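Index from 1, following the sequence. This deposition comes from X-ray crystallography, 2.9 Å. Both ligands and their constituent atoms are indexed starting at 1 by order of listing. Computation of the quantities below employed the complete heavy-atom set of this structure, encompassing side-chain atoms and omitting hydrogens, waters and symmetry-equivalent molecules.
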Amino acid sequence: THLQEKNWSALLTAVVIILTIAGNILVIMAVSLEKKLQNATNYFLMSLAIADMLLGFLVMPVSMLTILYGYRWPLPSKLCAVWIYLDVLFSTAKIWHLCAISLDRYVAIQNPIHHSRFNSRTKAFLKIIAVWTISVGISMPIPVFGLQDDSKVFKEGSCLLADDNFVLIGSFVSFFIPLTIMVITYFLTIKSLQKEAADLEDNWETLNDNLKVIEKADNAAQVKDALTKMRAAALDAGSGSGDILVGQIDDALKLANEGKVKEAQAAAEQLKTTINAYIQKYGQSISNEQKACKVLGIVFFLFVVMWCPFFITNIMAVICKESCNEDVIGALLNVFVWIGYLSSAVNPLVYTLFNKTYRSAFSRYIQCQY
Ligand SMILES: CC(C)CCC[C@@H](C)[C@H]1CC[C@H]2[C@@H]3CC=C4C[C@@H](O)CC[C@]4(C)[C@H]3CC[C@]12C
Ligand SMILES: CN(C)CCOC1=Cc2ccccc2Sc2ccc(Cl)cc21
Ligand SMILES: [Zn+2]
């Protein structure tokens, strides 16, 4: 029965490993091939996928091997610190990539021309490298104090974080703080997007009012005034996209400057439909931003929820070092770490479920259609 349980646990963990590897390889392929997904957010998501693939290649199979050997470290003792370091490094890179995505998208939408078509690809790669560097800096104390002292990474022959200060500082620096920052940034982001939609409605109101004023105008001065208001409104409502709409308003304005009232009014009549179409397009862009915000919130929520039992049990075990049952806590950790690895695997499934570009790319990759 003991062998039965360890063999089925190892098999389930192997299923989790293969799902992780396949899904994250597919995500890497989709981001590197599909030209629609060439923004900074998808670059960060591919970095996340690479981190998950490294976690499934370097950490999860060694964890399965540890399971097979009754949780006694089979490899040399110096490799336990390296294993814990790689695990912590990849998980910290994941969580801080999510936090960086949140902050970056928020600060981005805080920019009046952030619907422009000029987004720098190189800067995203630089930010990703900086996040990897700060993750390495966060994780380095674990090898530092683990290669010197074997007691902080070993507990009765098993390989796991044993230092209480290590567990506390790690749980705060790599889990709690980014979680709080992400929650706050998420709510601030929904507020900014609401403000964006409100301003868009305001610009549409201005465009409609002045269109009617143009429809019933006597002289060129009235037409020019209404067109000036319209131009400012349309420029603000483009939010940086760079449209023909302001140029067409400038054409009408030029007509009005020449004292040609009837022709300016005809130009405005033409402008009505163009204005409606472009306003609808701008609101669609805002809605797309909202949908991306919700999808990334789903991803962050899944990661946090699926890792929370492990961190809760770890903090609890550090609090009641001898008051609580350590065997049951050991089993709880041995299950919750794999729950967190399942979180590491789940993300490509979400990308498929809620992103049509990813879904079509994956459907074509499964059938080897490149
Ligand atoms: C193309 C873009 C989006 C993805 C780039 C991924 C790069 C920057 C990431 C993915 C895997 C990362 C590596 C993962 C493991 C290690 C070993 C560690 O001891 C030092 C950091 C180092 C070497 C990381 C450096 C940064 C790294 C190479
Ligand atoms: C050997 N393996 C099990 C270590 C993995 O534990 C951790 C995972 C993580 C998961 C998700 C985000 C961040 C981490 S950073 C971390 C920090 C402190 C401790 Cl105590 C654990 C810990
Ligand atoms: Zn926007």
message: Help me out: which of hydroxyfasudil, dihydrotestosterone, zotepine, bicyclomycin is at ligand 2?
response: zotepine
message: Any idea which macromolecule zotepine (ligand 2) contacts most in this entry, and what UniProt calls it?
response: 5-hydroxytryptamine receptor 2A
UniProt TM segments in chain A contacting zotepine (ligand 2), heavy-atom cut-off 4.0 Å: 3, 5, 6, 7
